[PDB]
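Working notes, beginning with the structure itself.
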Amino acid sequence: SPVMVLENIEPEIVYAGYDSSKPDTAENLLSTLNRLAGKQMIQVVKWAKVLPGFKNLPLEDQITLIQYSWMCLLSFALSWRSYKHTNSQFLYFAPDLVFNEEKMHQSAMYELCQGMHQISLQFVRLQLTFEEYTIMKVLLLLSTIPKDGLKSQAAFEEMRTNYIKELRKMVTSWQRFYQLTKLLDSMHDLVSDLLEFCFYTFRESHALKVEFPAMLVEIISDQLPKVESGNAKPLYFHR
Ligand SMILES: C[C@]12CC[C@H]3[C@@H](CCC4=CC(=O)CC[C@@]43C)[C@@H]1CC[C@@H]2C(=O)CO
């Protein structure tokens, strides 16, 4: 049943809010992009809190998972918007913020922009259906746990596996499932890339003149303060 509920809960529109006009170099794209991230998060939490099964684990587990997987979320989402609106032609961050080989170019991010684009590209080729995306997206929320587990760990695995079963239910064949689960797996590869960059732009804020809101502040100072190592255990799907 969930799928139905997911269409409903599937977050809406979010504006980045960039007073575009004068030269927009690194110090410009990133502070607005971060700002953008800060607003979508308020949206992701609103989304997750009604999710089937997930809304059932105590508030502690819920927030942890959102933290260890926030980057996957937003990035996976960027791909879908880029794919739904521009046919993947571009990276649709926000209605008021679209990227062309020029924005990616002078965003000081061209390389990661290309990676997130390579994802949207896989969406087109596979011609992803909302159903698939919505379920895959829950799988990303449920894809990176604390190396040592969760309080409601047992309840957690049954849940995720159920969503697995659901995605395969949706896939109804085994090749499709496979392509989709392999896509999500690869995501773990991109996200680690996006995170190390986000982290060093964090640690080197003022000096690079790249600001972060406050919402994203309390999250990164929490996410990478010690996990820049390997206490963040992603849960792949294949080998
Ligand atoms: C965190 C980040 C700015 C904000 C974006 C993130 C990439 C994924 C993403 C996709 C979206 O659809 C909205 C903003 C955002 C969440 C970037 C990767 C590096 C960059 C920085 O490191 C900024 O200094």
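Following the PDB entry, chain A residues are numbered 737-908, 917-983, in order. Whatever order the structure lists them in is the order used to number ligands and atoms, beginning at 1. Computed from heavy atoms alone, side chains included, the values below leave out hydrogens, waters and symmetry copies.
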- Task: Say which drug appears at ligand 1.
- Result: deoxycorticosterone
Check: From the contacts in this model, which chain binds deoxycorticosterone most extensively, according to the PDB entry?
Finding: Mineralocorticoid receptor
Okay, next thing: residues with a heavy atom within 4.0 Å of deoxycorticosterone - which are they?
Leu766, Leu769, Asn770, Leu772, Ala773, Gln776, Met807, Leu810, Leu814, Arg817, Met845, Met852, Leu938, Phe941, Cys942, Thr945, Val954, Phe956
- Query: Among the UniProt-annotated aldosterone-binding residues of chain A, which have any heavy atom closer than 4.0 Å to deoxycorticosterone?
  - Reply: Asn770, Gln776, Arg817, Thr945
| task | Find the UniProt domain of chain A where most residues contacting deoxycorticosterone lie. | result | NR LBD
Nearest non-hydrogen protein atom, atom 19 (C) of deoxycorticosterone: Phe941 CD2, 3.5 Å
Item to complete: Starting from atom 8 (C) of deoxycorticosterone, locate the nearest protein heavy atom and write down its residue, its atom name and how far away it is, to 0.1 Å.
Response: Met852 SD, 3.7 Å
Which species is recorded as the source of chain A in this PDB entry? Homo sapiens
Margin query: So, going by heavy atoms and a 4.0 Å cut-off, which residues UniProt tags as 21-hydroxyprogesterone-binding in chain A does deoxycorticosterone reach?
Written below: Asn770, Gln776, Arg817, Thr945
Tell me, which protein residue and heavy-atom name are nearest atom 23 (C) of deoxycorticosterone, and how many Å apart are they? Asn770 OD1, 3.1 Å
Please determine if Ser811 has a nitrogen or oxygen closer than 3.5 Å to a nitrogen or oxygen of deoxycorticosterone.
no
Original post:
Among all protein non-hydrogen atoms, which one is nearest to atom 12 (O) of deoxycorticosterone, and what is the separation to 0.1 Å?
Top reply: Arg817 NH2, 2.6 Å
